[PDB]
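Chains: lettered A, B, ... by order of sequence lines. Using the numbering of the PDB entry, the residues shown for chain A are 2-8, 13-140, 162-434, in order. Numbers in chain B track the PDB entry; the residues on display, in order, are 2-140, 163-434. Whatever order the structure lists them in is the order used to number ligands and atoms, beginning at 1. Looking at the header, which is where the method is noted, we find X-ray crystallography, 2.1 Å. What's counted below: heavy atoms across the whole structure, side chains too, no hydrogens, waters or symmetry copies.
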Amino acid sequence: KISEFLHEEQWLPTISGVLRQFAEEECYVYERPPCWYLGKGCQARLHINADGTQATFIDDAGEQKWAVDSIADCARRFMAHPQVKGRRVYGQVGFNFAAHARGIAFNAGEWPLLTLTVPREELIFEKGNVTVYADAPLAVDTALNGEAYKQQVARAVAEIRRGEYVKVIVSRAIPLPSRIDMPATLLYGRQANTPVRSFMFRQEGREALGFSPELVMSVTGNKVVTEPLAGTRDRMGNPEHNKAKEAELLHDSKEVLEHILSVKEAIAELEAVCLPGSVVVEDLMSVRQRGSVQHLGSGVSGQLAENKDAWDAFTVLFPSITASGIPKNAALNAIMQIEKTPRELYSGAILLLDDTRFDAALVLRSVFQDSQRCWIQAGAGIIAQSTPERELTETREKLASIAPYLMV
Amino acid sequence: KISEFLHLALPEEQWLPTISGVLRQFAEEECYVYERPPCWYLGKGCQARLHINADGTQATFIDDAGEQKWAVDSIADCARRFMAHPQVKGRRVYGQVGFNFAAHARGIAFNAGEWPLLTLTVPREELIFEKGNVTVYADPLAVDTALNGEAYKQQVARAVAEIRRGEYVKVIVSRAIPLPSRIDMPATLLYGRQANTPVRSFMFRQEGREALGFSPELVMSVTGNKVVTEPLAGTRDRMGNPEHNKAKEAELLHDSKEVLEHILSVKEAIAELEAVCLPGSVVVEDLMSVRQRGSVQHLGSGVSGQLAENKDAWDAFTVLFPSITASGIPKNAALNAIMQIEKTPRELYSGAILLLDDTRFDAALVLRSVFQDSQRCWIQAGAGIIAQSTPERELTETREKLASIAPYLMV
Ligand SMILES: O=C(O)c1ccccc1O
Ligand SMILES: O=C(O)c1ccccc1O
Ligand SMILES: [Mg+2]
Ligand SMILES: [Mg+2]
């Protein structure tokens, strides 16, 4: 039921308003051009806890515990539920969803593995209008702790060269001196970036926001698309510098090899769920501009096989190859061996599910805060040809996409 | 034309021998051989020919009514008029396109060789062999590949230095190996084929010029509105045991120099196809997998597209040719570097062989091939030179490739 219809550069500020006017209440914001989506409150929720041992459903009638033998079956059950079907669903998928779904052992973090929410209220910004439906920057030193990171990379490089795996994303968490103003970081960060999706979610005393550089996955009807980005240079100088960096990226043998290794894995992943011969690269290794950095990017698509749904596709595609590694399960393991803080939502997914689409954005270029931690996180794809010093610099170039725009 | 069908109760072992035995009987008549599995098409004589001379200044139609001079304002239009000729419609057409067709099309200045730029021929008689049946329509040289390796190395060095100066990104530098004698074509076909796994095989004789070879890649295939191109680039040997070969395969697939050399050419192929296709129809159906080609294995990708309404197979061919994998990047600068660096005309080397029928426009790249005319008898092979290339490796590469033809040349 459409409540109001008030008649674009005011979209940004309005969302902030909404987040503040109704702060300390649960909110989910998602940008998928030409629209913004803001959901508020909670009419139904599926919550999977940090170690994947409890699935909780909540709606107005109360709380239920659902059998959690398969998180994907829980997600399917939620989407088919009477309180849910026909409604837009805002979701989040933590990094360790992969290990849980994969029968890989893992150490649980603090954040949920998966949540899906039908909001009580919803604003939609489109065609210089909004539709309502109802029932002070901070300085961040991104060099600190550099040497420990380069050791982690040198370890990864040793493991690859020994043949333990081919690629792994090693990331570093940078703790922030104070909690940040999320609505103001959103506004200020956004104008600094050209992301494929933006998001801000506040739920159960935990907050995350970011400018997603790529899609994990998009499903429209029977067509599945994934969008691996891998291979990076800065775009942090004048146009001349940036354009020389673009040509350099296109012709650098290390960056190109990093890229193609991931596209070929993304092809094999889609092949596991798609009709034979339907998997094609629609865009091969073009440069994508993402704020402080520009990347090689490819679009791969296929047609889901008859016995495969968007959740089967999501479990194979998750996490992005470009945020985990190759082969995926060995990389996931190396990540849990090498990294010392839980990724939580970092390298996970933000979801928007509605009548026409399953949309899943990769969680990078993002900032996170709960009762215990406030941090940003960036990594780099490590291959046999990686240099620890260059990969450090790469994380810093990526961190410059979010870090300068953290408002206190 | 009158036709006859024969079932030969011949074992597989004897099929290739029978074909080259028939070729033997065509003695010194003009003829055209093309293998596109499951068939071998042999054409004999000439009923109708389009001839484009070496400098691209004269187009001639020839049939039983005599010679007619056509306007060379557009080779593509000439080729279109020939296909639409009453003499031609409904017949398989055997074509050859010389390296210099590129430069000419692109209004780049070239030095003409002696071979025609392009010819298309409807033969007078035809034989089609397919799995032991035939349909008729009627009315050991020793070659040292190391010799002169030093001169080639300097050509590679010069290309590399030119790339490092930013003149172009990639160029194929090739070397011609003069041969001691004229070769026996039917015996070369027979021995050379069973040692190769080419996309197409060919042999032609026309107006005192001959060529034969085992094409490793298809410039282009068009059936109806769908155009496929299959760029190959990046090489290792497969001259050893299956475990040596499997090692070389994994090594090819993960070598950053080879992977870059491959993808640079694929993206050029994609951009070329996009100029003549429906927006969004150009996709990569097969990304960078290993293809086995006799003495060598290569990375190949399969790219496809849907032709736009204002464009035909002739339009696709003009943009797709020569193979980026035979010229360079950017194409025009690479064609200029090849003309300044190489000392002999390529003629048909790195050109195309065409088989055109009702359904299809099939074009195979001329590499792994042998040429002979009134003046020269030679083989030829090159290598894709990028910033990372070393002259020693690239010489070795030309020799790995030459080994698909050199060992099988018969007198
Ligand atoms: O390492 C990269 O080049 C990269 C770029 C974009 C997204 C994820 C990545 O690992
Ligand atoms: O240089 C190569 O590896 C190559 C391989 C196949 C065809 C053309 C080529 O240049
Ligand atoms: Mg990288
Ligand atoms: Mg090569």
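The chief contact partner of ligand 1 in this model is named by the PDB entry as salicylate synthetase, Irp9. Given piperazine, salicylic acid, lorcaserin, the compound at ligand 1 is identified as salicylic acid. Going by heavy atoms, the other chains that come closer than 4.0 Å to salicylic acid (ligand 1) are A. Atoms of salicylic acid (ligand 1) found under 4.0 Å from any heavy atom of A:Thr258 (numbered from 1 in listed order, with element): 2 (C), 3 (O), 4 (C), 5 (C). Inclusion of A:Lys424 in the set of residues having an N or O under 3.5 Å from an N or O of salicylic acid (ligand 1) is warranted.
At under 3.5 Å, a nitrogen or oxygen of A:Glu284, whether backbone or side chain, sits near a nitrogen or oxygen of salicylic acid (ligand 1).
Among the atoms of A:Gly257, some N or O lies under 3.5 angstrom from an N or O of salicylic acid (ligand 1). Atoms of salicylic acid (ligand 1) found under 4.0 Å from any heavy atom of A:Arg391, numbered from 1 in the order shown, are 6 (C), 7 (C).
The distance from salicylic acid (ligand 1) to the heavy atoms of A:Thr348 drops below 4.0 Å at these ligand atoms: 8 (C), 9 (C), 10 (O). Close contacts between salicylic acid (ligand 1) and A:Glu240 involve ligand atoms 7 (C) [criterion: under 4.0 Å to a heavy atom]. Between A:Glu420 and salicylic acid (ligand 1), at least one pair of N/O atoms sits closer than 3.5 Å.
Of all atoms in salicylic acid (ligand 1), listed by their number and element, those nearer than 4.0 Å to a heavy atom of A:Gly407 are 1 (O), 10 (O). Close contacts of salicylic acid (ligand 1) with A:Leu390, meaning ligand atoms under 4.0 Å from a residue heavy atom, involve 7 (C), 8 (C).
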Using a cut-off of under 3.5 Å, which N/O atoms of salicylic acid (ligand 1) pair up with protein N/O atoms, and what distance separates each pair?
from: salicylic acid (ligand 1); atom 1: 1 (O); to: A:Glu284; atom 2: OE2; distance (Å): 3.0
from: salicylic acid (ligand 1); atom 1: 1 (O); to: A:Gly407; atom 2: N; distance (Å): 3.1
from: salicylic acid (ligand 1); atom 1: 1 (O); to: A:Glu420; atom 2: OE2; distance (Å): 3.0
from: salicylic acid (ligand 1); atom 1: 1 (O); to: A:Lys424; atom 2: NZ; distance (Å): 3.1
from: salicylic acid (ligand 1); atom 1: 3 (O); to: A:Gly257; atom 2: N; distance (Å): 2.6
from: salicylic acid (ligand 1); atom 1: 3 (O); to: A:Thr258; atom 2: OG1; distance (Å): 2.8
from: salicylic acid (ligand 1); atom 1: 3 (O); to: A:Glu284; atom 2: OE2; distance (Å): 3.1
from: salicylic acid (ligand 1); atom 1: 3 (O); to: A:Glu420; atom 2: OE2; distance (Å): 3.3
from: salicylic acid (ligand 1); atom 1: 10 (O); to: A:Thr348; atom 2: O; distance (Å): 3.0

